[PDB]
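Shown here: veliparib bound to Poly [ADP-ribose] polymerase.
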Amino acid sequence: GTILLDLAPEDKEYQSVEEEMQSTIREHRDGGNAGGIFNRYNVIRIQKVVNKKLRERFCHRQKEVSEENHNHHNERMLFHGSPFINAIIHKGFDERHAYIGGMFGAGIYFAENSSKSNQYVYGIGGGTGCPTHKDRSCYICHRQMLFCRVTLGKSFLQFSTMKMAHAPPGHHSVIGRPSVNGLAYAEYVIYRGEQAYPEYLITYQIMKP
Ligand SMILES: C[C@]1(c2nc3cccc(C(N)=O)c3[nH]2)CCCN1
Ligand SMILES: [Zn+2]
């Protein structure tokens with residue numbers, strides 16, 4: 001199954017992932033209630049997720065989407081936060097765990113901003129926070145998030161709630177675009193687990209300002 005390769009802090013690949021993560025911290029409307037109060041992370045390690053079977057499923061789907069999208073799979077690197085990160089790195093993303101109540105329905109959701117994904121690391125609205133101290137703004141406990149290859153293909157642009165079970169006809173993803181009366185930041189949604197690969201596993205802490 002899955003093998004985790006350690007990236008060295010001196011390598012360009014580690015430094016690239018960390019800078020995407022650190023540079024995309026945004027101020028959130030909840031004033032940090034969900035993800036905590038911070039302006040920076042302390043990155044503990046960065047591992048590359050290797051899984052032959054998961055990679056094969058992802059690459060086959062990229063070929064199918066490409067055939068339906070003028071020979072482009074339209075891949076983006078995006079963040080994902082979830083309390084089920086262990087299941088994802090071993091079994092892959094799974095749309096069967098997605099439920100229809102989400103803003104864009106039963107999809108798998110990603111963000112270009114790491115601080116958005118940091119809000120979901122411990123669950124719904126940050127849940128009860130870290131397992132040891134029950135603190136959503138814990139500065140001690142190691143959190144984990146993924147920085148994923150996401151196959152978007154033909155994206156359907158959406159501004160308001162649209163509870164879908166699958167991608168809209170003739171499309172492969174939904175992009176929830178920001179709007180004055182809606183989202184502050186874009187969110188990217190897929191409806192098939194094989195349209196995302198959990199490429200990097202980031203272990204980190206949020207830092208006290
Ligand atoms: C609220 C919801 C969610 N919306 C997101 C928007 C951007 C990123 C993420 C993430 N997990 O990194 C999101 N997760 C709907 C599905 C379960 N959690
Ligand atoms: Zn803690």
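Positions are given from 1 along the sequence. Keep in mind that the numbers below use all heavy atoms, side chains included, and drop hydrogens, waters and symmetry copies. Atoms within each ligand, like the ligands themselves, are counted from 1 in listed order.
Taking every instance into account, the structure holds veliparib at ligand 1.
The heavy-atom binding site of veliparib (ligand 1) at 4.0 Å consists of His80, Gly81, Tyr109, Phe110, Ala111, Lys116, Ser117, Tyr120, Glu187. Veliparib (ligand 1) places these atoms under 4.0 Å from at least one heavy atom of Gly81: 10 (C), 11 (N), 12 (O). For atom 10 (C) of veliparib (ligand 1), a protein non-hydrogen atom is found at a distance below 4.0 Å.
At the shortest separation from atom 5 (C) of veliparib (ligand 1) among protein heavy atoms lies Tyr109 CB, 3.5 Å.
Chain A: most residues in contact with veliparib (ligand 1) are in UniProt domain PARP catalytic. Ranking protein heavy atoms by distance to atom 2 (C) of veliparib (ligand 1), first place goes to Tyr120 CE2, 4.2 Å.
Close N/O approach between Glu187 and veliparib (ligand 1) is not found [any backbone or side-chain N/O within under 3.5 Å].
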